[PDB]
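Presented below is an entry in which one can find 3BNC117.
Order of the sequence lines fixes the chain letters, A, B, ..., with proteins taken first and strands second; residue numbering starts at 1 for each chain. Heads up: this isn't the whole entry, just a piece of it, and contacts are only counted within that piece. The header says electron microscopy, 3.4 Å.
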Amino acid sequence: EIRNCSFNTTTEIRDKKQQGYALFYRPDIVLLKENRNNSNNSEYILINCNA
Amino acid sequence: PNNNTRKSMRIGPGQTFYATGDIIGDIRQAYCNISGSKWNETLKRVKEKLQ
Amino acid sequence: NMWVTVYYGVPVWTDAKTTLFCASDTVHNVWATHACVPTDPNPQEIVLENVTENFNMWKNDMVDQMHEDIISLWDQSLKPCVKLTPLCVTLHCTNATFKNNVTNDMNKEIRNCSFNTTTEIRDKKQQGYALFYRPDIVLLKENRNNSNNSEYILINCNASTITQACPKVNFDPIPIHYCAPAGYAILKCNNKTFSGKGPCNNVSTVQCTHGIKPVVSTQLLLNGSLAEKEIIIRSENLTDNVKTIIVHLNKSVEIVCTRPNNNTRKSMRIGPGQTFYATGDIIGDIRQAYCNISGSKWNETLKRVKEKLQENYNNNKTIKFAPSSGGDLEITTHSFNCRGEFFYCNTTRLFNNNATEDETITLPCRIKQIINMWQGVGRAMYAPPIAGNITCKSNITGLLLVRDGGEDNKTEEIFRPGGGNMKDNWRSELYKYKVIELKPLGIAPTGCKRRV
Amino acid sequence: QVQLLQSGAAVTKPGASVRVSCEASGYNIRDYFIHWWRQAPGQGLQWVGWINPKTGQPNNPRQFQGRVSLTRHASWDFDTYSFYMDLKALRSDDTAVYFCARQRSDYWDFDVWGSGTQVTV
Amino acid sequence: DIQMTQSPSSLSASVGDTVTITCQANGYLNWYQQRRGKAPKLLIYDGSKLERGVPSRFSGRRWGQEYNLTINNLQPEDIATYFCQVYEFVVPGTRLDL
Amino acid sequence: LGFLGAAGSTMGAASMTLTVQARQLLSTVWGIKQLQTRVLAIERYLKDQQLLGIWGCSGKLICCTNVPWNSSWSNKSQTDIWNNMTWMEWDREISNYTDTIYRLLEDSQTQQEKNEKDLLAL
Amino acid sequence: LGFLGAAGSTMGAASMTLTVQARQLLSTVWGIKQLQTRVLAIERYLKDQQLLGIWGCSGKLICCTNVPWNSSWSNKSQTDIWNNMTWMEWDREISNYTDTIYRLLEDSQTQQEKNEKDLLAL
Amino acid sequence: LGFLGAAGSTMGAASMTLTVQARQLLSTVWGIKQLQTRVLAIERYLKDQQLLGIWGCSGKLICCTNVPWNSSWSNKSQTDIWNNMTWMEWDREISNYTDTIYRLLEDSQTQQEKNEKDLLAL
Ligand SMILES: *[C@@H]1O[C@H](CO)[C@@H](O[C@@H]2O[C@H](CO)[C@@H](O[C@@H]3O[C@H](CO[C@H]4O[C@H](CO[C@H]5O[C@H](CO)[C@@H](O)[C@H](O)[C@@H]5O)[C@@H](O)[C@H](O[C@H]5O[C@H](CO)[C@@H](O)[C@H](O)[C@@H]5O)[C@@H]4O)[C@@H](O)[C@H](O[C@H]4O[C@H](CO)[C@@H](O)[C@H](O)[C@@H]4O[C@H]4O[C@H](CO)[C@@H](O)[C@H](O)[C@@H]4O[C@H]4O[C@H](CO)[C@@H](O)[C@H](O)[C@@H]4O)[C@@H]3O)[C@H](O)[C@H]2NC(C)=O)[C@H](O)[C@H]1NC(C)=O
Ligand SMILES: *[C@@H]1O[C@H](CO)[C@@H](O[C@@H]2O[C@H](CO)[C@@H](O[C@@H]3O[C@H](CO[C@H]4O[C@H](CO[C@H]5O[C@H](CO)[C@@H](O)[C@H](O)[C@@H]5O)[C@@H](O)[C@H](O[C@H]5O[C@H](CO)[C@@H](O)[C@H](O)[C@@H]5O)[C@@H]4O)[C@@H](O)[C@H](O[C@H]4O[C@H](CO)[C@@H](O)[C@H](O)[C@@H]4O)[C@@H]3O)[C@H](O)[C@H]2NC(C)=O)[C@H](O)[C@H]1NC(C)=O
Ligand SMILES: *[C@@H]1O[C@H](CO[C@@H]2O[C@@H](C)[C@@H](O)[C@@H](O)[C@@H]2O)[C@@H](O[C@@H]2O[C@H](CO)[C@@H](O[C@@H]3O[C@H](CO)[C@@H](O)[C@H](O)[C@@H]3O)[C@H](O)[C@H]2NC(C)=O)[C@H](O)[C@H]1NC(C)=O
Ligand SMILES: *[C@@H]1O[C@H](CO)[C@@H](O[C@@H]2O[C@H](CO)[C@@H](O)[C@H](O)[C@H]2NC(C)=O)[C@H](O)[C@H]1NC(C)=O
Ligand SMILES: *[C@@H]1O[C@H](CO)[C@@H](O[C@@H]2O[C@H](CO)[C@@H](O)[C@H](O)[C@H]2NC(C)=O)[C@H](O)[C@H]1NC(C)=O
Ligand SMILES: *[C@@H]1O[C@H](CO)[C@@H](O[C@@H]2O[C@H](CO)[C@@H](O)[C@H](O)[C@H]2NC(C)=O)[C@H](O)[C@H]1NC(C)=O
Ligand SMILES: *[C@@H]1O[C@H](CO)[C@@H](O[C@@H]2O[C@H](CO)[C@@H](O)[C@H](O)[C@H]2NC(C)=O)[C@H](O)[C@H]1NC(C)=O
Ligand SMILES: *[C@@H]1O[C@H](CO)[C@@H](O[C@@H]2O[C@H](CO)[C@@H](O)[C@H](O)[C@H]2NC(C)=O)[C@H](O)[C@H]1NC(C)=O
Ligand SMILES: *[C@@H]1O[C@H](CO)[C@@H](O[C@@H]2O[C@H](CO)[C@@H](O)[C@H](O)[C@H]2NC(C)=O)[C@H](O)[C@H]1NC(C)=O
Ligand SMILES: *[C@@H]1O[C@H](CO)[C@@H](O[C@@H]2O[C@H](CO)[C@@H](O)[C@H](O)[C@H]2NC(C)=O)[C@H](O)[C@H]1NC(C)=O
Ligand SMILES: *[C@@H]1O[C@H](CO)[C@@H](O)[C@H](O)[C@H]1NC(C)=O
Ligand SMILES: *[C@@H]1O[C@H](CO)[C@@H](O)[C@H](O)[C@H]1NC(C)=O
Ligand SMILES: *[C@@H]1O[C@H](CO)[C@@H](O)[C@H](O)[C@H]1NC(C)=O
Ligand SMILES: *[C@@H]1O[C@H](CO)[C@@H](O)[C@H](O)[C@H]1NC(C)=O
Ligand SMILES: *[C@@H]1O[C@H](CO)[C@@H](O)[C@H](O)[C@H]1NC(C)=O
Ligand SMILES: *[C@@H]1O[C@H](CO)[C@@H](O)[C@H](O)[C@H]1NC(C)=O
Ligand SMILES: *[C@@H]1O[C@H](CO)[C@@H](O)[C@H](O)[C@H]1NC(C)=O
Ligand SMILES: *[C@@H]1O[C@H](CO)[C@@H](O)[C@H](O)[C@H]1NC(C)=O
Ligand SMILES: *[C@@H]1O[C@H](CO)[C@@H](O)[C@H](O)[C@H]1NC(C)=O
Ligand SMILES: *[C@@H]1O[C@H](CO)[C@@H](O)[C@H](O)[C@H]1NC(C)=O
Ligand SMILES: *[C@@H]1O[C@H](CO)[C@@H](O)[C@H](O)[C@H]1NC(C)=O
Ligand SMILES: *[C@@H]1O[C@H](CO)[C@@H](O)[C@H](O)[C@H]1NC(C)=O
Ligand SMILES: *[C@@H]1O[C@H](CO)[C@@H](O)[C@H](O)[C@H]1NC(C)=O
Ligand SMILES: *[C@@H]1O[C@H](CO)[C@@H](O)[C@H](O)[C@H]1NC(C)=O
């Protein structure tokens with residue numbers, strides 16, 4: 001149920017990125033492009049953030 | 001019942017995001033507690049009035 | 001016998017709080033014509049004989065209404081203007097290089113900042129540059145291997161959004177008149193020596209007031225009006241050391257301020273119709289900005305202020321001035337607004353009690369472009385440059401003084417420049433009047449009986 | 001809930017500048033003046049000064065001019081403020097407990113006081 | 001300037017006694033309870049108003065320039081020095097014994 | 001004299017300017033505020049007109065109400081009230097009876113118009 | 001009794017509380033809705049006052065209209081109407097004649113004031 | 001005939017339709033504009049009613065004002081005015097005296113109601 005999601009997002013400057021992480025509950029995570037060679041590289045998004 | 005220690009990550013110029021950082025202690029499911037006898041009496045009375 | 005008789009239209013009133021209309025005389029200046037109605041032509045003032053009315057300047061509501069309206073209007077006046085969010089990027093700021101006699105003091109103030117920003121197409125970048133004043137640049141990650149690779153940003157662009165002022169906004173403090181709504185009227189005190197709080201015994205009724213210039217300044221009051229008869233000191237309890245002392249002068253002192261540099265402007269496009277203005281280069285030499293205050297007029301003014309302050313306290317006390325105790329730049333120095341340029345002038349040569357023989361006192365000034373005017377509240381504004389040198393002149397008509405604490409075993413009282421609370425400046429004009437609510441329905445006994 | 005937290009005691013030598021901090025939280029800080037007081041052992045409370053949390057203007061009495069610098073640093077979103085008293089020309093006569101307090105009224109009524117920072121010289 | 005006096009320099013009473021402490025000043029006064037501890041606690045503000053959280057034992061009255069700080073039903077918890085203030089001026093208080 | 005005019009004059013003299021004060025009761029976000037102001041002014045005017053109507057004084061500035069004056073409200077001669085007092089002083093003098101008298105006025109109109117007049121139309 | 005009060009009482013008794021109901025007719029997006037509400041309440045009040053004015057009943061709660069009652073509208077004794085009916089029942093009883101009677105009332109005022117009174121002032 | 005009706009008819013004939021015109025005075029950004037419109041219509045109605053009230057003509061469409069007609073305002077017979085002119089022509093004919101006459105009307109009401117009537121109630 002509790003997933004450790006790592007992601008690259010913005011910071012308070014237009015030209016820099018941050019690598020961070022957060023714990024999310026499974027119902028809020030949607031799977032994309034499951035990686036069958038190394039399951040730790042599967043892609044996920046926040047539920048309905050694409051809609 | 002969990003502590004769910006919070007982490008705060010900045011996204012932009014005054015735009016901040018809050019998410020669970022880590023958890024101190026063990027992890028249990030959330031739950032609700034309803035008194036057994038009060039519920040049983042309530043349903044008995046509801047059944048009588050519906051009938 | 002006696003009977004009750006009802007009279008409608010009785011000239012009585014009570015104290016009340018309401019909303020006043022703005023009016024002004026006839027590019028759209030912030031405030032004024034864009035959202036105001038015509039003024040009352042040929043307005044009348046009706047003297048109320050044998051009427052005494054208690055006016056408190058400090059508790060007047062009109063001050064809060066004026067404060068709110070000015071803040072709201074300013075924010076709207078900036079709402080449609082170009083935002084500088086795409087410029088909150090890494091800057092490389094080095095010493096600006098000029099070919100003509102730049103003083104060693106200015107080499108540390110004007111920085112040549114190179115940066116990579118957007119253009120009017122989503123897939124392309126521009127490498128550009130601009131000259132900025134040191135107070136607007138914040139250092140990040142200083143490079144100790146090659147100091148020219150240190151990173152800089154615009155001040156506070158990481159905290160909020162900086163919005164460039166639209167070049168078509170008129171920042172002249174055009175006087176705005178306040179008109180009472182129907183059912184309400186404004187009472188004015190015509191007692192030339194009124195302290196600002198108390199039972200004024202010479203009052204008149206005004207349907208709509210005269211105009212007040214929304215001038216923004218600190219430490220000294222500019223423009224506005226002069227006292228009719230004498231210098232007046234207004235200060236709430238007077239003995240309470242956290243209450244401002246407002247000195248209303250009966251004679252003005254002329255002050256001339258200038259930015260002598262040409263500051264040739266460059267215009268760089270950021271996006272689809274979003275343009276940014278910044279100083280390109282400077283033709284000629286570089287000098288500090290400054291203000292010129294006549295020496296003898298200032299010396300006379302301070303002599304008279306000291307005499308009137310002494311009259312309001314124990315006679316066994318010397319009145320002296322001292323430099324400002326410090327704090328934010330907006331209150332440490334005197335704040336101006338001359339054609340959009342915000343000056344922060346060092347006034348320690350005026351309040352040091354040094355009777356300097358100089359015919360003209362000259363005060364160095366700093367100019368800053370990223371201004372958060374309302375004590376940190378509101379959007380940060382970027383003031384674009386104007387090519388050519390700028391001169392301006394204004395009248396100093398009052399002072400904001402703060403008492404230097406207090407103790408025993410002391411034979412002198414020290415006053416320092418204060419201010420920073422815009423409401424006090426607005427009070428220095430609104431103190432003359434208050435708003436009343438008409439209560440026209442009254443009853444009284446007489447011999448009037450119905451025939452019925 | 002109005003809260004004022006203070007730093008712990010500091011011990012130094014004459015001439016060494018000392019900083020005493022007070023952190024305000026849990027209320028709208030910008031609406032009230034913050035005052036500093038000095039309580040020497042066995043004595044009453046001496047007034048040290050006031051600071052306006054919105055403009056930063058200090059006001060100190062004659063005996064502390066040129067020696068005490070009062071400042072403030074606002075935190076993000078103005079939820080808390082850190083106030084500081086920097087005493088420069090420190091002497092052995094300045095051993096005292098330094099308190100911060102909120103002025104909530106026009107009578108100089110101080111409702112909430114900090115714990116007090118002991119300075120020994 | 002604001003002049004002040006304070007009397008007595010010290011007070012000694014029994015438990016349950018009603019006592020007064022006199023302070024004179026030409027200005028707004030307040031009163032504080034100073035303990036050998038973290039901070040003084042404000043007791044009285046304005047001419048005669050009590051703060052929230054103050055037990056209903058402390059009271060006061062003014063006549064001319066004098067204030068009495070009447071303390072009814074004095075309890076062991078009330079051993080403290082009572083300070084009197086006008087703006088920036090704080091006058092050393094009366095040390096109460098019990 | 002204009003609005004309010006002789007505000008400090010005696011109660012008698014001030015009765016000759018009742019129309020002067022009576023005519024002054026009627027006449028993007030800022031527009032909303034002004035609107036709100038106009039609506040409140042209209043409501044106050046209508047409340048005063050409705051109150052005068054209930055008392056049976058509609059359309060008049062001076063009206064007899066057929067209610068005796070009580071000695072508990074005031075005890076002054078007509079000369080003292082009309083020549084030795086202003087309207088502000090009188091308004092303060094009987095402020096605490098403002099609503100009591102109004103109730104009696106409503107009752108007077110209740111007694112008249114229906115109970116004392118409907119029986120005569122018959 | 002308060003607003004509406006004896007709503008279920010007879011037509012006669014209810015006539016003594018007409019002022020109680022009469023006084024209850026007057027007093028960011030949400031503010032706009034409230035405004036709209038105030039304006040509609042004002043318009044309804046003014047329409048009722050204008051209608052009473054046209055009928056010649058301005059400033060009164062009870063007025064004679066000098067229009068004979070038609071037997072086609074109702075056929076009840078005064079006792080039955082005033083002591084044996086409520087105002088709701090009466091309102092339903094003659095609902096379909098509400099506008100017809102109003103026209104006659106306007107015509108009555110048209111016949112009076114000018115045609116029957118202007119010739120006498122001469 | 002409806003609103004305005006016989007606009008081109010003589011002044012006499014047009015007096016019989018005064019109620020027809022009188023009834024037509026009362027009844028997201030677009031809503032704000034409509035509101036503003038409603039408020040202005042209400043203000044104009046109230047100003048006209050207040051002016052009629054001040055003149056002592058409240059609740060009436062026809063009223064005598066007890067003010068003599070001056071030969072400097074017009075010099076026409078009653079037949080010429082009422083049978084040989086329309087209201088538009090008359091309105092133009094005396095336009096420049098519109099405010100002067102109004103002042104006299106206010107003074108007439110000032111002379112009446114108080115000065116000529118209060119002394120009789122005594
Ligand atoms: C207390 O009160 C005192 C008394 O009022 C205050 O002090 C006064 O404050 C006012 C208001 O700022 C000053 O008025 C301005 O004066 C300047 C000076 O004008 C001289 O030069 C003009 C030529 O301009 C050219 O040279 C200048 C540099 O020399 C250069 O900057 C400019 O771009 C251009 O290249 C002459 O025309 C002018 O003569 C005229 O005025 C004389 C006044 O005395 C008069 O005697 C003459 O007969 C003649 O009528 C004079 O020699 C003016 O330049 C400035 O003009 C602005 O405002 C007016 C008013 O509407 C407007 O018509 C102008 O077009 C101009 O407005 C531009 O800037 C606005 C900024 O808000 C902007 O909103 C406009 O849309 C417009 O923008 C255009 O230009 C900019 C600039 O590049 C561009 O970026 C835009 O895209 C657009 O193209 C004012 O008239 C007083 O001089 C000053 N002193 C006195 C004694 O009155 C004091 O400030 C108060 N206290 C406080 C604290 O404020
Ligand atoms: C700056 O701040 C200071 C405070 O820090 C402020 O001082 C106040 O200012 C007001 C206005 O001037 C003062 O009011 C005056 O006080 C004079 C003396 O004190 C009076 O009030 C005492 C309080 O008693 C209570 O009970 C009385 C009724 O008994 C009631 O009125 C009070 O409101 C209160 O409830 C009272 O004890 C005292 O009586 C003593 O003194 C008199 C005088 O010797 C003596 O006869 C008595 O026997 C007794 O010993 C007195 O009543 C007072 O003289 C003065 O009276 C004049 O004005 C009133 C009307 O206002 C007239 O009726 C009277 O005849 C006089 O003409 C007035 O009442 C107030 O006391 C100060 N407050 C404090 C805390 O000091 C400054 O004004 C501020 N300055 C600025 C610029 O803002
Ligand atoms: C916007 O940024 C400024 C500083 O600017 C730059 O960006 C920041 C995100 C950091 O990466 C900075 O390193 C960088 O220069 C922020 O103000 C800065 O805050 C820091 C603390 O967070 C200050 O550092 C410390 O301050 C204490 C004060 O007691 C010193 O004792 C320390 O030795 C150290 O200096 C730093 O000085 C300060 N900078 C300025 C110019 O005041 C600002 O908070 C930030 N805005 C937001 C909303 O985060
Ligand atoms: C909800 O009910 C459960 C019972 O199943 C509670 O769990 C008990 O909690 C007590 C302490 O509060 C323990 O001593 C027991 O051993 C627990 N028993 C079980 C089966 O878990 C639980 O605490 C209740 N929660 C609340 C909030 O009332
Ligand atoms: C500010 O810095 C810029 C960047 O170096 C200077 O512009 C450069 O000037 C050199 C020499 O003329 C040119 O070779 C570069 O191509 C210029 N760069 C750009 C982006 O145009 C500019 O002259 C400096 N201004 C001052 C006043 O020192
Ligand atoms: C803007 O972009 C230019 C081009 O990429 C950057 O110039 C490079 O800077 C690095 C050091 O950071 C050098 O090693 C490269 O050789 C430079 N490129 C060229 C073509 O000279 C410049 O640093 C960027 N500036 C910012 C603030 O991002
Ligand atoms: C009270 O205030 C009025 C102002 O409303 C004063 O009347 C003015 O007097 C000056 C000097 O004679 C005239 O120039 C003004 O025209 C007058 N104003 C009006 C509206 O007539 C009056 O003198 C003041 N009285 C006192 C005693 O100060
Ligand atoms: C302004 O108001 C003050 C206060 O009423 C007037 O000063 C008073 O003047 C009278 C003489 O007429 C003295 O008896 C009072 O003692 C004075 N009181 C104070 C507090 O000074 C002053 O005269 C008024 N100004 C004008 C021009 O009339
Ligand atoms: C402000 O005052 C200074 C005086 O210090 C003026 O500087 C003088 O300017 C004149 C020409 O206007 C020169 O001939 C003098 O040699 C200058 N003297 C000094 C000491 O600089 C300055 O011009 C004044 N500025 C304004 C705007 O009036
Ligand atoms: C305003 O200018 C004065 C000097 O005119 C500054 O005070 C002194 O400046 C000299 C250098 O010119 C220093 O050597 C002194 O140490 C300064 N005095 C103090 C007490 O530090 C003053 O600091 C300036 N103020 C601002 C805000 O810039
Ligand atoms: C800028 O000027 C200073 C002189 O104050 C000098 O020390 C510094 O090295 C200069 N910076 C560059 C990049 O040349
Ligand atoms: C200003 O007031 C002073 C009194 O403090 C007086 O001496 C001086 O002449 C006045 N000046 C003017 C221009 O009225
Ligand atoms: C300033 O005025 C004082 C009198 O108060 C005088 O002694 C001094 O010489 C004057 N100084 C100048 C420069 O005018
Ligand atoms: C530079 O200053 C000169 C006057 O010394 C002026 O003639 C010229 O137009 C100015 N140029 C700019 C771009 O401001
Ligand atoms: C500076 O401004 C003044 C007046 O605006 C002007 O006379 C003078 O020529 C200007 N100097 C330069 C170098 O632009
Ligand atoms: C300063 O005051 C004088 C005298 O009233 C006036 O002539 C001058 O125009 C004023 N200056 C300004 C900038 O308003
Ligand atoms: C305080 O108590 C003493 C006891 O005699 C009394 O004389 C004095 O008037 C009192 N003062 C007040 C202000 O109550
Ligand atoms: C004010 O009082 C005097 C007293 O003589 C009187 O003559 C004057 O008319 C009064 N004021 C008014 C407006 O009536
Ligand atoms: C006057 O009022 C008092 C108190 O309300 C009342 O007792 C008394 O009867 C009233 N007088 C008359 C004549 O009604
Ligand atoms: C309801 O009907 C009963 C019938 O006896 C009557 O007594 C009562 O008064 C009526 N209610 C009202 C409010 O009149
Ligand atoms: C009553 O109404 C009917 C129908 O409208 C009509 O025929 C009859 O004449 C009316 N009665 C009178 C007396 O007018
Ligand atoms: C009104 O007309 C409807 C038919 O449209 C009828 O059902 C109803 O009973 C009528 N009511 C009266 C009071 O005439
Ligand atoms: C228009 O004039 C003619 C002239 O004969 C008249 O008969 C007709 O009635 C007039 N129109 C109206 C509406 O009165
Ligand atoms: C008619 O008006 C004129 C001018 O206003 C005036 O002179 C004349 O006296 C007036 N006639 C009467 C009878 O008042």
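Counting every copy, the structure places 3BNC117 at chains D and E. Most-contacted chain for 3BNC117 (chains D and E) in this structure, per the PDB entry: CZA97.12 SOSIP.664 Envelope glycoprotein gp120. Other chains with any heavy atom closer than 4.5 Å to 3BNC117 (chains D and E): B, C.
The organism reported in the entry as the source of chain C is Human immunodeficiency virus 1. Among the chains of 3BNC117 (chains D and E), more heavy-atom pairs under 4.5 Å with chain C than any other are formed by chain D. Contact analysis (heavy atoms, under 4.5 Å) places the epitope of 3BNC117 (chains D and E) on chain C at C:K59, C:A159, C:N237, C:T239, C:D240, C:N241, C:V242, C:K243, C:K317, C:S325, C:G326, C:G327, C:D328, C:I331, C:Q375, C:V377, C:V402, C:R403, C:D404, C:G405, C:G406, C:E407, C:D408, C:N409, C:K410, C:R416, C:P417, C:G418, C:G419, C:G420. The heavy-atom paratope of 3BNC117 (chains D and E) for chain C at 4.5 Å reads D:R30, D:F33, D:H35, D:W47, D:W50, D:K54, D:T55, D:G56, D:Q57, D:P58, D:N59, D:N60, D:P61, D:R62, D:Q63, D:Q65, D:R72, D:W76, D:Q103, D:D106, D:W108, E:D1, E:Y28, E:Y87, E:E88, E:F89.
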